[PDB]
Each structure stands twice: as structure tokens, then as C-alpha cells.
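Each chain gets a letter, A, B and so on, in the order the sequences are listed, and its residues count up from 1. Recorded method is electron microscopy, 4.2 Å. Below, each value reflects all heavy atoms present in this structure, side chains not excepted, and no hydrogens, waters or symmetry copies. Each ligand, and each atom within it, is numbered from 1 in the order the structure gives.
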Amino acid sequence: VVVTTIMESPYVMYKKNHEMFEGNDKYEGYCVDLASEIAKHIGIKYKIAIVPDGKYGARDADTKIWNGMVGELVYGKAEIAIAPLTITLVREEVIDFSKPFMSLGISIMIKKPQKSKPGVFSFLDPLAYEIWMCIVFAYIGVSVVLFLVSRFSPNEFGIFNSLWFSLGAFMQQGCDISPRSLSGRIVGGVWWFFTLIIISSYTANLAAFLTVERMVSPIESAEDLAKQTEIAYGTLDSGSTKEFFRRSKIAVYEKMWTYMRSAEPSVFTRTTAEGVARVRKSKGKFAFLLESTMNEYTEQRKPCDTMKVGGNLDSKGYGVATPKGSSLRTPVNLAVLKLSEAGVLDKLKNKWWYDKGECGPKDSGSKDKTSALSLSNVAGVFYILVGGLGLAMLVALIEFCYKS
Amino acid sequence: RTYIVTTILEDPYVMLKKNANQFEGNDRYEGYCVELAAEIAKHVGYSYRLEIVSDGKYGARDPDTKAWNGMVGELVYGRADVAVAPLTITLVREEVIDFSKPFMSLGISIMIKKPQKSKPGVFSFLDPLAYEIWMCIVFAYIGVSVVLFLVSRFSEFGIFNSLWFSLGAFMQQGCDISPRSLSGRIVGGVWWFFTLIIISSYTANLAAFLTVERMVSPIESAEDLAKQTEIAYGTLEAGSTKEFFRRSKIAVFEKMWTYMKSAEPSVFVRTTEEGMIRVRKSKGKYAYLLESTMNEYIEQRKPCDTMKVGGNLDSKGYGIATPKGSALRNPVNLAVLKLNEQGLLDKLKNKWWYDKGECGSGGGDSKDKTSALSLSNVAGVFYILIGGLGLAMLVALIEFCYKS
Amino acid sequence: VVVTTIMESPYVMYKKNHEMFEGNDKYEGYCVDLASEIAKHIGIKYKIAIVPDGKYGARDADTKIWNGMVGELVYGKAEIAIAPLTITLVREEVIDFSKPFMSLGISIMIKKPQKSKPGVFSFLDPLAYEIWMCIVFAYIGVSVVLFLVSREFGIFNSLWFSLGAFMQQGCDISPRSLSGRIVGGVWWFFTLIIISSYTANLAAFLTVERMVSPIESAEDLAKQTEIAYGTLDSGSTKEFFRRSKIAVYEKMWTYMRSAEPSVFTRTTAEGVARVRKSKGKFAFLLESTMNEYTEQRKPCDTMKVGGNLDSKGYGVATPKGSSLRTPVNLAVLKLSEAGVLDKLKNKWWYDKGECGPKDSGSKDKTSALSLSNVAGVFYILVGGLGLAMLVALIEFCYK
Amino acid sequence: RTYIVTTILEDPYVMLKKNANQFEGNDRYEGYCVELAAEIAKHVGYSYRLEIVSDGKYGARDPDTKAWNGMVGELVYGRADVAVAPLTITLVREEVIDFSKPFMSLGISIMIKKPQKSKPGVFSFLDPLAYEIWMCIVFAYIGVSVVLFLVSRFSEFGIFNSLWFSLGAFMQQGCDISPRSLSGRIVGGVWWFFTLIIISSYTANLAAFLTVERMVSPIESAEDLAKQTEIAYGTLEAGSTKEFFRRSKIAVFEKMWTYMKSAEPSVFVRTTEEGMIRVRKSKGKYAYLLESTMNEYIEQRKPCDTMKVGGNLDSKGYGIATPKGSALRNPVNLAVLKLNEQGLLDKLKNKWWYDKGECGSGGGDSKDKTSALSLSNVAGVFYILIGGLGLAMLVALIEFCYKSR
Amino acid sequence: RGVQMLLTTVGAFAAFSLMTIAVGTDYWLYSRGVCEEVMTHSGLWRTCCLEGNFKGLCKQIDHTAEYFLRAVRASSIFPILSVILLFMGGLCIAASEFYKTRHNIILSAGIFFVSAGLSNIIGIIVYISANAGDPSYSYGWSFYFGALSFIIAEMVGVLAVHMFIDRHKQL
Amino acid sequence: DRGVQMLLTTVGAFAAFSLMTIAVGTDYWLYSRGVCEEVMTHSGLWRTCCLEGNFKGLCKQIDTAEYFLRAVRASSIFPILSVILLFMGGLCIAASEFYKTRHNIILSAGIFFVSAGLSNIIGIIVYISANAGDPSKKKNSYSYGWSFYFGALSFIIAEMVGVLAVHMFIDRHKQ
Ligand SMILES: O=c1[nH]c2cc(C(F)(F)F)c(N3CCOCC3)cc2n(CP(=O)(O)O)c1=O
Ligand SMILES: O=c1[nH]c2cc(C(F)(F)F)c(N3CCOCC3)cc2n(CP(=O)(O)O)c1=O
Ligand SMILES: O=c1[nH]c2cc(C(F)(F)F)c(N3CCOCC3)cc2n(CP(=O)(O)O)c1=O
């Protein structure tokens, strides 16, 4: 009995380095343990031989030869193979496949953000956006009504005095002299009430903003990813994902393909290692597209900077390949089905995928990072400071030129 | 000859047109399954006549005291060859017949109601306090206003001056006129102390409410639902969900299974539509697990108040029944895998599950969570601003009428 | 083999389906399942019987007989006793005991810890008392300094200036001395910084609403507190407290002997009913298993165990001259070592419970602020207003 | 006849006297075990003379060449009738000889360092705003002060009035120096806006810092340890604790057993002493998971930085070893049960574990748990304020110069 | 200035009528309570449920700083003294409108009346504090008459201090 | 007593000139711990170099509401405009100390001193925004160097001259 397994896949791991625990079980992983489990289930001799082709499987129909595990099975040197192998049109007609033990997904991934350091938008982040315009409109209106009360109703206050009175009214400090009337007291009181409610709401809002943090994702779906058109995207230079994107039928996928058509900075990455290095180097743009299993494998790797958004662009699965029909095809099919129905396959999957990872142990977020008000949250505050003081000096100079 | 295709009466796949009457004959059914049957008959080449199973049940091949019936029962009896219908892959229906290929992936998942909270207007302004406290502070303000006026008349100033000084004292303002005598000075001091303590308390309460409102844990995946222990969950008494829960192996799913077996929320469901009704009527206090296919069908066809959350708990597939010793086993497998890989099946799924759905979730964009205020609670600030402008126009018009 | 057991609520209970089956498969819990496990371990047919007397097992010390399980095994009625039975000095010369498979002792229990609602203390619930003593001391000091360094600022004008500075307001009049400006600025800065700190502390207190453990958390704190304490009428706890030489329990014994005689209760149900009606009253000292049973029942209000005191063992009883004594000893040792009594204990006393809120904390809505946190302000407000109008009347009538 | 008892010293049983070996021998033994041996010899009547352990260990099953060692190995291989030194209950110990009764119980318990922290003084004032922001706002305050003087004297109202208005503006207090021109008014307004947003941001950050500092809770029980992150913990290797962890099958116990099974850090250590010393060296995140008895012993040691937290995970017990068929098996069982009931064992535990401890004699040393800003953190402001007031007093004397010199 | 004294007289008489309606009858307790949720009512010396399981009966109810506030909130002795002090305030206002040449004692009567008003304020707020202290109550359209009693007290006070302002011109 | 005041203004301006020259000459701004690894690197506004490491001896030049500030940080346009306006202020106060008849000269001097304060604030705020604006920056940080303190002292003597010369403006205006 000969079984093949590609070592260049996230399904095997070396035991120590070499000449330690020597023998037959030199590789430990998902696929080899599944093979051992089914061999204990039905009775199958254990083998260690690996095809020197390297590729999982390909159809070189131009030369009428099959390369990889599927070619090694169809020409004949083995009968049982456990490896990550996709199922396609040309592979089924030559080699029958069993039921898929694991579902495959294709998804986009982005780099985990670090922080946001904008300019005036730092101070603009709380208390929304339109509230500023509405409160400036309210300030102008209350200044107009105060000027009308002071002038039309029965004084020594012009438009500048009225706007200064309204500005000091907005800032819970007081005034130099009261209008001393029964009319202005109520409007001054309601304006003071509104501005103190606004200031208390701002303080509470910033306290709630700073006590906890959420890190909302910039994107949530592939449709929104295509619609935003601000982050670079690259699938792969060639392979199953590129072929699926080049020959898709869903309406948004043709738009996505035309977006790849007008790609300037060489989004076609030669190797997946270069792609993950590029997406882990720069977080501002260049989000990647990759298979779900490889993304989940990179989710538990020492850099610990990656996050998927969910959603499966394409659905397929990994199956067990056997050469033609024999007395072992039905046996291995029922063995795979029985192991898939039972949780033992899921037990092995969860164990080997979560016990080998350390990045996901710190789930959600870490609350032990507070420090103080660094300049990131203060850059807006001091930028509005420098703008206000510069504009105040400028208007002081022009008002001196106007009057004195 | 003329071949037959048997189809189970299932809601999300095949529809018997409610009009009945005309269009009877070949086009008696419109839906996913009949379209797939027409496509496979046009591809491999035969004529199909629709049939309905007698007992109306899926059936199984359990080793009971005979009395075998169902879809596989009528397949093995002789009067059935091709069954284009949904069919879960199970070991009890594999020992006699084999399936071709899972065209789509099945997965059990939790379903949740839509969390919708509409913040009121002027009611939301008094939300970060008790209305008794607002009544207390306003009535204490007017009481200390008249008391301050009488003690100033006892130990220059009028009713308007008294109101101005009292409200400016109420809300941390300076004044041009001085509170003469030590008695008036200490009244002003103690009432300033009260307004400072009450403004600090109000700001603290608003900060606490916003902190507890933002710091919330939405339910995702299964671990969060397992360790929240606040929302009821359950499945059917019998079916694939009960079989999967009985054979759990993972520690977290073992905890979920023993929590379900504790019978604190029980199952409380007979038909899954009744579970959908009771989870709509639970106002988010209950949750229910069911298949992703029917969950998507509920989220589309029913009014948009329920959807899915989290990933699939397990990997499962579909299939079409084929005879053990017929010539219609391999070509149908090759053609259905061709349709699955090409994406025409994906196109039909998109057409039947995204186009003819009276829901704006997939037909329009969602709402972006920008945090801070969103014209919901500050909307109440704008309605008390509307009250403020009402008081301002009231006092201005009544003053002009009094002078008139 | 035949075994007798005593109907004890946290060890054996009647099943809901009483009419489904009668016999061996009629009970569920710690005792009967442990008996089934050890019987399957050695290999024997076993039957379950109830005690005819109901006694826990003690010597009457006058007729030289035993009533209960020890009385039945001594007089030849049962050759094994899987029912729980504590190890005492009197129950060794007539009966044999195995190694203790459970550890129990006398533990404290209090009522439900809830948030208090004081009237005056809620005005300054955060911060402390010395903080406001020092702020008043600093207020008087800065008033005196400002009055002395400015020489219109008399013995009332400077006081008014400092008081206005204490609540974020300026003043109508300002001095012409830079010393006064400096002292007013630093006092304004201190007032603003302490008001900000107080407001933030109140916000944190209101947003956590965390309940702190009461004073009754240790025996030393139990002896130093004014709260009441109680125990059972006559039993293992009473026998332990009758004779002591540890120099920490004699004070507790004198506290029992000097307080009201209401501290003694007949049954544990009456005791939990008596402690349930008041947040304070008398905290009790009772068995650890009784506390663990009561903390996982439908009234999920009191679930406080506190510190662990005393040592006691629960063991299986076997008669003298039995060939299975070594067999049952090695059996209970194997179950204690490999671990299935602890697994069943976790599955039954912890996993099987009316509420699971003790496993993980939950967040509750803080609701409205109510008025208890504000009621203390109105009292000093009306008191200061009354003092002010009385002094105004006196000053205007006299001067 | 004189009876020899096998005694092995770890802590604090057979510790030798501080006067070296100037005494007569066996009479120079002080501890819990030797006092219990003297009492149990006086109860029924025999000799309590100690014996020297041959191997210095406790003994193991030793599947190679069978045999036995330790105290139980000396007991089974003749020349021993009474064993006083404590030893754990194990199946291989029971399959050869039998115990009497566990005189006092124990269990494996979690061990953490005592949380010790001190609030700062003037440095506590710069917690929620760091120190660069304070310098920036102070220098901006003097800049806007000289700018306000420029616009007041360019567009009374001297430098003194400008400082008055700026100092009133920095705390939103106001002043009576109101210029006729709108320029100084708008300068004051924008400076009011700046100082108010600084005050609001400071309040927000101090509230957030206090909430996040006080919200965290100390570790307790075992479930919180199971869901704990970023803190290391484990047990030793040469001991029965690892065997008990491996033999457990409870879902939570097997859960964290699988958690530290992939021991990426140095979870397993060799000896208790070296592990304790390296915990002292680290003192930020580690737990040793030792027995409750030795943990209670080491929390009474000289450094006084260790404490007992949580409960016992199991119900292990001690026992005094006796040979099978001897005449000193049942009377010693009756007498040890009598002393266990009498509470004399509790008295000996109190005197040799809480009274003779030179450090930490009073366990209730810090239990107020003041969850508010006491006079340790905010009173540092009271320092700098009085320092500022002292500065005020200092400038007062130089202003006294401006008054009189 | 006859309008001023007739306004004081009509305000005092209206305050008499509405405060008698407020304190005399048994109408002020609405809450989600159990007397089985049925209509309940508190009172000055007794508590009564109009319908339900307590029909035809009207039961005489029972019950340093904490003890004092509990006694004031439960026994309601201080509200009794406050409404009786309102009665003497109304009687001395009647004496004031009978003795129109009373320069200082009319002002003293005003001070006594506003003192009774603030005493009623402190009483009703400690009452609702004790109502909120039960777990660890709304306007009953007669507790609304108590609120209107506060409003009419403030109104008669402000028109009174308006006519002492008129007295400043008169004197 | 105006000769001592004008001498104080002159010596303050000379101190400001000396501080500006040693700022544009030396590179003691920040005692940063970077690479040449956390090692003492003279991070400069105009010249950044090192003292330790394997690459010691060779160093080079450094480099809708963020692009302008980034270009300001890269080009150092505001410190350059600041030192030019200090040069202009020195020239104008030299004209004031040589020519007493003119009056607008000290108006220009006061405007130049105040704009020096403005430009110094802008420069220091863009410098601390460049230093503290990155979340990546690194076990140790902060601990500003000596030239930050020299710039602070230049700012303090800037209010000193901007108070005393403006007081001289007030007294010459009232006389
Ligand atoms: O049968 C096939 N099975 C495959 C399985 C895997 C995976 F399981 F993820 F390892 C991958 N990885 C994709 C990501 O980078 C590493 C290799 C490639 C596969 N390919 C080549 P494709 O045609 O480029 O997809 C096949 O042909
Ligand atoms: O040794 C003894 N151990 C005991 C242990 C328990 C239990 F808690 F169940 F474990 C009890 N239960 C207390 C609650 O009511 C049912 C009996 C009684 C015990 N008694 C009888 P006492 O003489 O009344 O103390 C003993 O003597
Ligand atoms: O019988 C036994 N009795 C033991 C008694 C003790 C203790 F009392 F605590 F001194 C200890 N200590 C454990 C902590 O470090 C110091 C030694 C070990 C014992 N062991 C070996 P284990 O396999 O480590 O339990 C036994 O075999």
C-alpha cells in the first residue's frame, strides 16, 4: 500500500528536525492523522512515499500527461491519497472523488489597522458631523434674536457687542453687563441650557469614546469592497482563483474583473508568500484575495496581523482520490463519510488548527493599554488651537486696520 | 423512453404555482429543483415527468422491522430513477445507494432577530436622569429664585433682575450686579455649590449610560452564545440537528449539548415555521438553530426582521439520488459537477435567492456605525432647542405685546 | 450486597418519573451513583434501601446501643453503608471507616449582598471624608491669605471672593495686587482640577456599580464586627464550639453566651428562612455541603461561602470482620485518585443548578439615577438657606 | 524496647536547631511532626526516638527490579514500626501497606504574588494628560496673554489687566476688562473654546483611566484562570501533581490541561525552591500550583510577598504509615482520631504556622479596599497646590519686597 | 392698589381649596404594586385599596439621621406639621388682610408661609426618596394637586413679593 | 529708568539670536533612541546623525488637511521663515537703537517678536506632531534633549522682550 502526501502544504509538520523519533510517522498533521484514522478504521498499510512532482494536481492536456498526485494515481503507483486537492471538470472524468470532508472557501483579507491619526478630524470624530453646522446655525440665530431684542425692543450694543454676548453665552462664563430686561432673560436662559447640555454631552461622549475601543472594520463584504474603489486588490497571477475571476457570470464579478484590468502597480503577485508579505507590510491598501484555509492558517502565525471579513466567493471541497473502481473505493467512501458525520474529523481539525496557534489566544481586544492623552487624540485639539489663534491674530490686525 | 423525476414538496426549492388551473402539464412547477432538472435533461438528454412521493416524507433505510418508505424507498422499489430534490448526506442512506456530488454546502447555524432601537425626541432628553430629579431641580430653582428675591428686598433690582441673577446662578454665570450682604453672598454660594454638584452628577450619569450603551457584546459564532447564558437556544426534537448534538465531541459543543439537555429552555418547537414565529414574537429573548439554506430563505421571503450571524457549525453537502445498478450514475455526476464549476448553478441560485426577494438588505446599502451621536439623543437636544426657541419667541412676543 | 441510605436532600433525591421504574434505577445524585460506580468496580449485584430509623448515627451513651446506620451495621443488618457519615472519635471502636473521599468543614454564610442607599453618605459616596476636610481647610486658608495680603476686601468680601472662586465663577470686583491675582489663579486651578477629578470618580462609580464584599469575610473580622451570629442547636458545630483551646473561638463562644438566645435555630430551613428576610441580622456557621447546596437553588440571592474553617471527612462505612474492607478501601482510593467522584460533583453540584450566574458575571442596566444620590444635597441646601435667612433677619433688625 | 521512627525534613518538620549539634541528639528536634510523635508516644506508651532516612526521598513504585525506597521502603523492609513523617496517599503506597487516617487535609492551590503598589505624589497629577500637553498649554497661555496685551493696548487695560483677563479665561472665570474692540473679545472667545475642550478632554481621560484601572479584578477559582490570558502558570515535573493533571478527565480540568500541554514557555520546573526564587525574580506574572500546606508555609516567610488565593482543586490527604499485621495500627488510629477531634492538631498548626512566623504575624494587615481616590493619589495635588501656595507664599515675600523693599 | 389685595385674597382662597382637596382625600398612590395588581392608595393616617380583594375596607396603616428620616418618611408626622403650619399661615394671611396697616408682620407672615412651603418641599422629596428606597410613586392626580399646591404657593409668593415691591413705593 | 530697559531688550534679542544660531548649527533637539535597537541618535530638524553603532561617521539630510503639514515638516518652511523674521527684527531694532526719530520701527519690532512667538509655536507643534504622531514609536521614548529646553528659553525671552518693548511702546505713546 502506497499513500502520497505533499509536504508543501499546511497539513504536515516535521517531528523535531531529523533522526529523532525515526521510522514511519515522521510527519504530524491533519492529513496524515486522518489517513492513520481511516487505516485503523478499515485496515490499510501505512506508507510515507511522496511524489517528486510537488504540485497537488494539474491537467497538462497539451502534452496529454497528468502531473502530480492525480497523475501518479491514474498512471498507477498508489491507490489511496490524502492531500488538499480541488475538484474540477477535467479531474472528475479521469479520477473519481469521494465526498468532500472539508468545504473550501475563497475570501478577501485585509491588514489589521494600528491607529488613526487625522488632522482636524481628530477633534471632529465625537459629537458627529452635522451637529457642528447645526450649532453654528443656532449660534447665528440666537445672536440675531439677541441683537433684535437689544435694539428693536427697549440700546448700547451693536452687532459686535451682540455676537460677543452670544459667544460668552455659549461658553458658560457669564457677561460683563446684563441687558436688564424681562424679555432677554428667557432666551439667554434657554441658550445657556442648550450650550451646557451640548458641552456635557461632548464630555460624556469623549469619555465613552476613550474608555473602550472597538476597531470597526473598514469593509464588510465583497460587494462593498468593489463599490468603495479606494483599496487596491490583487487575487493571484494564475491559478484557480484567477481562472474563476476571469470566467465568472455574477454581475459584480465582471466589474471586479474590469477593475483588475485597469491595475497600475502590478497587483498580480507571483507567489502567495510575497502576497502575504506585501499585505502585512502596508496596511493602507493592497488587500488580498485567497483561499479560506490558507487565510485561517495565516491567522495563527507569529506576525499575528491578518483578519478575514467572511463570505465565500466560491464553494468547493477537498476530496479523496482513488484510481478507477475497485473493492476499496466504496470502503474508503463510507469510511470518509462515517468520519465526517462523527465529530472525530472535526475534533482533529479543531485540535490541530487551534493548539498550533498562539495569536488567537488573546481574543477580542486587550484592555491593558491606556497610557494618557498622546498627541494622536490631541492633534485635532492643537490644530484647532493654532488655527483659532492665528485667525484671531489675523482678524485683530484687519480690525485694527478697519478702526484704529 | 420517458423518464421520471420525483420531487418532495419543499418550500425553498420547488413551488407549486398558487394559480393552478392553466399552465398545467410540463410546466407544473417553477423553482430551483425543476429548473435544475430541466437543465440536466437538456444536458445529458432525456425526457422528464414530474412526480410526487406518496407518503410525503424523505424516509430512510434504518434497520427496523421493515415498513421501509421514502424517497430512497421509492428509488429502490423500482418506480424511480432520478430524484432532483434536496437530500442530506447520511450514512443510513449510503449503504444501498450513492450520491453524485454536493452542488451546494449545507450548514446548521443560529438565527437572530433584527435589533432595532428608535431613540425618541424630548423623551430621550430626560433619559439620562429621572424625571423626578428634573422636576426637583426646576422647582427648587424657581423656589430659590423667589426666596432670593424676597431676601434681597428685605436685606436696583427687580423681578427681571431677580430672574436673571437666579438663573445665571443656576447655570454657572457671572453677573454685573453684586449679591450684596453676607446673607445674599452665602445664598449664592450654597446654591452655586448645588448647581455644581448637580451638573457633575448629570454629566457622570450621562457618561455612565453612554459607556454601558457602547460597551455591549453582540452575539457571534457559537462560543459567545455559549458563554453569554442570557438568550435561550434550542433545536428540533428530531432531525439532523438533534443527531449532530447527540454526537458532539468538542468540549465547547459538549457544553452546548449539555446546556440543551439541561432542558431549561427546552426545545419549544414542533414545526420550524412555528419556531420562526415564536422567535419573531420573542423580541430577541430567544434564539434558534436551523439550516443555512432555509435561514436564507426566511431572511429573504419573510419581512426583514430576522437574519443569520456567525459561521457554519459544520460542513455538510447535498446530492441527488441515483440507482446502484443503472447507467444514469456517472454522466449525471459529470454534468452536475460541470454545472457547479461553471457557475450557472451559482447564477440560478443568485437569481432565485437575491432577485425575487422583498428585502432591502441585499438590494441596498446598510447603515454605517460612525459612533458618537447620530441625531438620535442629540435629536432630543434639538427638540429641547425647539422648546427653547418657542420660549424665546413667546417671551419676545409677550414683551412686545406688553409694551404695545 | 444490600446497602442502606439516609434521605439527605443534597445527596439523594426522588426522580421526577417516580412511576417509571421502582428499584435500583429510581434515584440520581452523588450517593446512589457512587454506590453504583463502586459496585461496578468490584463486581456485585446491589440493591438500594432506605434507613428505618432516620438517625445519622450516634451513641446514646446510656443503653450502650447505636441508632442509625452504625446501629444497623453493628447489629447485622447491612454489610456496607454508602450513605454519607462523618468521622468522629466515638465511631471508630465499633465501626471501620475508609479514607475520606470528600473534605468538609464549618463555613460562614451571609445574606444577599446588595447596594445600600444612604441619604447623606450618597452625597459624597466617592472620594473620602479627609478630602473634604482638607478642601474646607484650604478654603479658609486661602480666604484668610487673600484678606490679609490685599491690605474693600474686609472679613466678608474676601470670603465671598473665595466662595465664588470655589464654584467656577469669577467676581464682580478685582484687586490691584499681583499677589491676589496669583493666589486667585492657583485657587481657581485647584478648584477646577478637583471638580474634574470628583466628577470623573463619580462617573466611574456610577458606571461600574460593583458590589464590594461585606465586613464578614474572616473569623478575625467576624470577632471584630457588631453584626449578629448564629448556629445550630445541637450537633457537630455545637460540639466543636462547646470545647475550644484555639484562643479565637472562646470570644465567639462568649458572644453567643452574652447575646440574645434567638441565635439558636432548630432546622437549617428555618435558619435560611430567618437569614433570608434581612440583609444583615445573623450570619450563620454551617456545613460546606449545605452551603454549596443552598447556593445553587432557585432563590439565587445568597451564594457566599467565605473562608474555610475546621476539618471534617466524609467516608464510606464498613463493619468489622468484612472481606471487602480492603476491596472497598482500594476502590474508593482509585475513584478518588483517577477521579470520578469529583467529576460527578462538578456535573451535579455545579453544572446542575437553577441559575448559572455564579459562573460568569453579567452586565445589568443601571436604570435611572433615582434620588438617593441627590437627597443629601437638598438637606444642606435647605439648612444653609434657613441659616441665611435667619442671619439676614437678625442682622437687618439689629444693625 | 526503643522504637525508631523514620523522619524526613523539608519544611518545617525535622529542622535542626540553630545551635548546630551541641545537644544530645534526638532531643534536639522541634516541629509539628516531632511534637505529634511525642504526644502519640505519651498517649499509649513507647519510644519516639527519631531515625535517619537512608535515601533521603519518599519512595516510588520503581518498576525496575521492583523493591522500594524512602520512608515506606524502610517500613516494609524491616527495622521500622512507626512512621511519623507525612506522606501523600497513592495507590502504590496502599497496595503494600495501609494508612491510619489523614490527620489534616490539603489540596493543590494556585499561588500568586501579593499585589503591592504605591500611589505617587506630584507625578500623579500628570497621569491622564502626560507632561507635554501641560507644557504646551502653559506656554500657549503665556503666549495668548502677551497677545491679549498687544491687542488690548494696540487696537487702564495694562499688562496687569491682561494677565487678570488671561488668568480668568484659563479657568473659564471671566474678568471685568472688556475692550471696546471686538478683536480682544474674539481672542478671548477662541481661548475659552480651547481651555474648555482641554478641561473636557482631561475629565474624559481621567474617568477612562480610573475606570480601566479599577475595573480589573484579581484572579480567583479555576475557570477565570482557564479563560485568563497573558499571564503564565503551570506546575513542576518531578511530582504527583503532573500525574494528577494527566489522569483528570473533567471537562474544565482537561480543558486547561490541554491548554498548558503545548507548553511554549518554561511551564515545567525542577524544584520548588528554584521556582520560588525565579518567581521572586519575575514577580509580574507566574503561578507555581503547589500544595496548600507549603503555600501557607511560604506566605509566612521573611519576604512576605506571597499569599494564598482561591480554593483547593482536589481533596488529597496525608497519613502516618504503619505495617500490616502490627500491634501499633489500630491504637494509633484511635489516638490520632482523638487528637484530630480534640483540636490539638489545630493548636499545633496555629503555633508552628502562624505564631512562630516572624513576618506576617497579623494576616489582616491590609483589608480596607478603599475603591476611591484617597489621600495617597489625589493628595499629591495637595502637595503641588501647597507647593504652589508655598510658591505663592514665596512670591508673597518678594511681593512683600514689592510692598516694602 | 385694590387689584393687589384682591389677587392675594383670591390666591389664598384658591390655595385653601386646592390644598384641602390635596391632603383631605385618599387619591395619591399610582404604581405597579400588589395589594395580583389592583388599585391601591396611600393616605395621611391610613392606606386603602378601593377594589379587588380589599373592597369595603380602608385599613389604618402602621409605620441617628437614618432613623430620623425613616420616621419622617413613614409616620408622616412632619407633613402633618407642615400642612398645619400652612393652616396657621393662611390664618395669619387672613389677619393680614384684616389688618391692612401692618407693615412688618405681614412680611413676617410671608416668611412663615414660604418657610411652610419649603418644609412641604423637603417633606415631599423625602417621601419620594423613601418611595424610591423600597427597591434595592408617580403623580396620582392628587399628588398632582400637591404639585399644584407648590405652584400656587410660589405664585402667591411671587405676587406677594411683587406687592412688597409696590409697598416700597407705598412706604 | 528706560536705559536699563532698552539694554535688557538688547541682551534678550542677543540671547535669542545666539539660541537661534546654536539651534541651526547643533543637533541636540531630541535624545531619541533609534538605529544607526535603541541607541542615542541626534535626531535633527536640519541635520540628523549618530554617535554609536556600526555605521558611525556618515549621516545625511532628513528629507485634505495633512499634505500641507507634511510638506511643512519635510521642508521646514516655518522654522526658516522664523529665523528670517528674527533677522528682520534684529535689523529693525538696530535701526531703532541707531535712529530714535522714527516711530513705526518699534511697531514693526513688536509685530516681529509676536510673529516670532507664533512661528516658534508652529515649529514646536509640528516637531512634536512629527515625533509623537506615530503609534509605532520602541521600549523607551520621550526624554527630550537640551535644544528643546533652549527653544523653550528662547520662547520665554520672547515674551520677555514682547512685554518690555511693548511697555516701552506704551510709555513713549503716552509721553
Ligand atoms: O487542487 C488543488 N488544491 C490546492 C490546495 C491549496 C491549499 F489547500 F490551499 F493549500 C492550494 N493553495 C492555494 C494557496 O497557496 C498555497 C496553495 C492550491 C491548490 N491548487 C492550486 P490552484 O489551482 O492555484 O488553486 C490545486 O490545484
Ligand atoms: O456528624 C454529623 N454530620 C452531619 C452532616 C450533615 C450534612 F450537612 F448533611 F452533611 C447533616 N445534615 C445537616 C442538615 O440537615 C440534615 C443533616 C447532619 C450531620 N450531623 C447531625 P447533627 O448532630 O444535627 O449535626 C452530624 O452529626
Ligand atoms: O508522599 C509524599 N509526600 C510528599 C510531601 C510533600 C510535602 F509535604 F509538601 F513536603 C511534598 N512536597 C511537595 C512540594 O515540594 C516539596 C515536597 C512531596 C511529597 N511527595 C512527592 P510528590 O510526588 O511531589 O507529591 C510524596 O510522594
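Notes: drug at ligand 1 recorded as ZK200775. The chief contact partner of ZK200775 (ligand 1) in this model is named by UniProt as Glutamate receptor 4. At a heavy-atom cut-off of 4.0 Å, the other chains in contact with ZK200775 (ligand 1) are listed as A.
Heavy atom under 4.0 Å from ZK200775 (ligand 1), chain A, UniProt transmembrane numbering from the N terminus: no segments.
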